[PDB]
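Quick look at a structure containing nirmatrelvir (bound form).
Chain naming is simple here: A for the first sequence line, B for the second, and so on down. We number chain A the way the PDB entry does; in order, the residues shown are 1-304, 307. Going by the PDB entry, the residues shown for chain B are 1-304, 307, listed in order. Indexing begins at 1, ligand by ligand and atom by atom, following the structure's order. Only this structure's heavy atoms are used, side chains among them; waters, hydrogens and symmetry mates stay out.
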There are 2 protein chains.
Amino acid sequence: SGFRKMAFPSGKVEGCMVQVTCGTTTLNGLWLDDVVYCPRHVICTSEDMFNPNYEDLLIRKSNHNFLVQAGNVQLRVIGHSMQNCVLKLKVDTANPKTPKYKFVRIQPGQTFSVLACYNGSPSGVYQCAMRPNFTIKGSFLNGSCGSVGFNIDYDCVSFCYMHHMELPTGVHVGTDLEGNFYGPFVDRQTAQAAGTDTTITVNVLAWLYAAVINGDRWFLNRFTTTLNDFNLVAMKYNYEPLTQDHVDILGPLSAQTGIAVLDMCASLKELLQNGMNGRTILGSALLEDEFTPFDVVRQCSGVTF
Amino acid sequence: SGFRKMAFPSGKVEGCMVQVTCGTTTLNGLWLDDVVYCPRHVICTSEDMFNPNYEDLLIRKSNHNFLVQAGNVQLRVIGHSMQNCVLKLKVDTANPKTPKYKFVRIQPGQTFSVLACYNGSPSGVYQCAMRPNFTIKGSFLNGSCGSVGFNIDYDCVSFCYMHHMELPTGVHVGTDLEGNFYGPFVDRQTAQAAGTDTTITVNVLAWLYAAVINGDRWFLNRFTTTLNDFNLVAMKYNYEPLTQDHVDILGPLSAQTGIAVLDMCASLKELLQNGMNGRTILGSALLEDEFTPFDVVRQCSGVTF
Ligand SMILES: *C(=N)[C@H](C[C@@H]1CCNC1=O)NC(=O)[C@@H]1[C@@H]2[C@H](CN1C(=O)[C@@H](NC(=O)C(F)(F)F)C(C)(C)C)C2(C)C
Ligand SMILES: *C(=N)[C@H](C[C@@H]1CCNC1=O)NC(=O)[C@@H]1[C@@H]2[C@H](CN1C(=O)[C@@H](NC(=O)C(F)(F)F)C(C)(C)C)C2(C)C
């Protein structure tokens, strides 16, 4: 028992982090087989970053302009290219610690772990959600770019995020590992704002099931609701609509606890309309929306990697 | 910017986890150089655990009764002994992934990361505090015993916790790596309860400094207070007394932000007496007490390992 925000073990990703320096700009890179992936703005000077022409900046660079360090070892760059907002540096050494991996593009509402790095070295690991407005609520400082987000499935690391920028509101934006941004953002230092965020309803419901599994049951009420009537209420409180697909992914938790999904929706509806009256759920006074249904099942059943 | 509950990168500890099986009981072990450390109740059957005589149970065991698996490799046990509540199994192979390490005993209020494991394999990592009542608010299931807690300082892993039991209230208790329990607990399945917990005042203050650093400043008031007058108020709200030692460890944050420690205490005192009026600090509606001053400085300055 107990329920914690839990990150994936980071070791498989730690063995892939390197430092990439171009000129005086140093950022983090991801070394998989004989390729280093990193954010393209490693080739920018401070003055270049307001309206960079990355293609032009890259034309002026040769392989040897990129200093790649893996621990105390310099990796020799033997090729380079740009794919959207990522640079790919081919090196003459394959990473012996490369895990089984794939590159995925995740959807809003899905969670992942971030290994925050500086100078190619890990600082810490935490769990995040891709928000419905395509931001993440991270913790990143200057030099963190190239830090990656990932999930693990048994032995396979699915990389889904590479960090690029911070928005004025303290939230973070980045790309998939093919260098395509999540959301309507561009890697230049110009005025950019995220759209209004919304609460990830299916994840709140998952967390209420986690609460039931841990014996925190006070919020269960005696009612049911229709999916339509629930969604009318959720809409007013800036909750995402609950779809049948969401209902289906809640199926395992619903079967395990014997609480129908639409019955949990009735209990959530009451929490939204009436509040919590100074009570907590799993120790929180606010409803939590950064656990997916899969996260809850994994944590409550002890799934390992 | 941004502030998250952050765990240490777990890879150094992942490379030390193994599975230990004795009879039909399987738990996790920590393999450092040529020694595996694990909880002694691996030698218990289900019936033994209500009033085990561990010395007697261990007399009947030979080296070969302990099956140690590191991945797909069986490690040959060549010696065994018991030190308080930990077994030490000498193996004929040194762990090639052993990090630089030490065993420490931490104090209440200090934080650490937990790598939760089952069958010798990692499930996830999260950050915890040793509570003032010597419990931790973890997430652990049957089979998690032998999972460890740790801090990292540059290249050195300080192991401070090994998991043994869950109390009826959903909280967790365990030992240091010399097998001595934190708190007045014993490893037998009998009625045991933790004392009343208390809020870790110096950590709340650290987190309010984190909030200021991130621009969440609304709670700063115009007043100061004496240490004595603060502690009278804290006492009523079940906050630990703030000592001069605590004031001193808050020094770096105080110097960085230019807010005197006793001035932050005046602001905390107002929050305790008046509440938060539906406002949040760093997104939380409750005051957070599981960041130490060192955690805040590390996260806000980008310290790496
Ligand atoms: C790379 N390490 C940093 C990481 C940022 C810095 C503070 N926290 C982070 O996560 N990335 C940048 O500095 C990028 C980089 C130039 C400007 N920039 C920004 O993050 C800026 N943001 C924006 O311009 C905005 F709002 F549009 F997103 C900054 C104002 C410095 C936070 C490039 C090329 C975009
Ligand atoms: C080892 N893997 C488990 C971990 C527990 C099980 C559920 N969550 C956990 O963290 N350890 C145990 O099962 C230990 C083990 C026998 C009994 N036990 C307990 O944790 C029990 N608790 C207590 O007896 C209490 F309250 F005294 F702490 C249990 C009731 C099963 C949770 C031994 C030898 C103590």
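In this complex, the main macromolecule engaging nirmatrelvir (bound form, ligand 1), as named in UniProt, is 3C-like proteinase nsp5.
Every other chain with a heavy atom under 4.0 Å from nirmatrelvir (bound form, ligand 1) is listed here: A. At a heavy-atom distance under 4.0 Å, only backbone atoms of A:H164 (N, CA, C or O) approach nirmatrelvir (bound form, ligand 1). Nirmatrelvir (bound form, ligand 1) places these atoms under 4.0 Å from at least one heavy atom of A:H163: 9 (C), 10 (O). In summary, the atoms of nirmatrelvir (bound form, ligand 1) found under 4.0 Å from a heavy atom of A:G143, numbered by their order in the structure, are 2 (N). Of the polar atoms of A:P168, none of the N or O atoms is found under 3.5 Å from an N or O of nirmatrelvir (bound form, ligand 1), judged by distance alone. Apart from nirmatrelvir (bound form, ligand 1), no ligands or ions have atoms under 4.0 Å away.
Per the entry, the organism of origin for chain A is Severe acute respiratory syndrome coronavirus 2. Counting the atoms of nirmatrelvir (bound form, ligand 1) from 1 in the order shown, those under 4.0 Å from a heavy atom of A:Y54 are 34 (C).
Under 4.0 Å from nirmatrelvir (bound form, ligand 1), the heavy atoms of A:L27 that appear belong solely to its side chain. Atom 16 (C) of nirmatrelvir (bound form, ligand 1) has its nearest heavy-atom neighbour, among A:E166, A:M49, A:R40, in A:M49. The distance from nirmatrelvir (bound form, ligand 1) to the heavy atoms of A:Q192 drops below 4.0 Å at these ligand atoms: 27 (F). Shortest heavy-atom distance from nirmatrelvir (bound form, ligand 1) to a UniProt active-site residue of chain A, with the residue named, rounded to 1 Å: A:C145, 2 Å.
Contacts with nirmatrelvir (bound form, ligand 1) closer than 4.0 Å are made by no heavy atom of A:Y118, backbone or side chain.
At least one N or O atom of A:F140 sits closer than 3.5 Å to an N or O atom of nirmatrelvir (bound form, ligand 1). With respect to covalent bonding, the partner of nirmatrelvir (bound form, ligand 1) is A:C145 SG. Residue A:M165 touches nirmatrelvir (bound form, ligand 1) through backbone and side chain together, judged by heavy-atom distances below 4.0 Å. By the 4.0 Å heavy-atom criterion, A:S144 is counted among the residues contacting nirmatrelvir (bound form, ligand 1). Residue A:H172 approaches nirmatrelvir (bound form, ligand 1) through these ligand atoms, each under 4.0 Å from one of its heavy atoms: 10 (O).
For nirmatrelvir (bound form, ligand 1), the UniProt domain of chain A with the most contacting residues is Peptidase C30. Counting heavy atoms only, A:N142 comes closest to atom 7 (C) of nirmatrelvir (bound form, ligand 1) of the residues A:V186, A:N142, A:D48. If you number the atoms of nirmatrelvir (bound form, ligand 1) from 1 as listed, the ones under 4.0 Å from a heavy atom of A:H41 come out as 1 (C), 15 (C), 34 (C). In this structure, residues within 4.0 Å of nirmatrelvir (bound form, ligand 1) (heavy atoms) are A:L27, A:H41, A:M49, A:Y54, A:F140, A:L141, A:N142, A:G143, A:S144, A:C145, A:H163, A:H164, A:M165, A:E166, A:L167, A:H172, A:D187, A:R188, A:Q189, A:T190, A:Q192.
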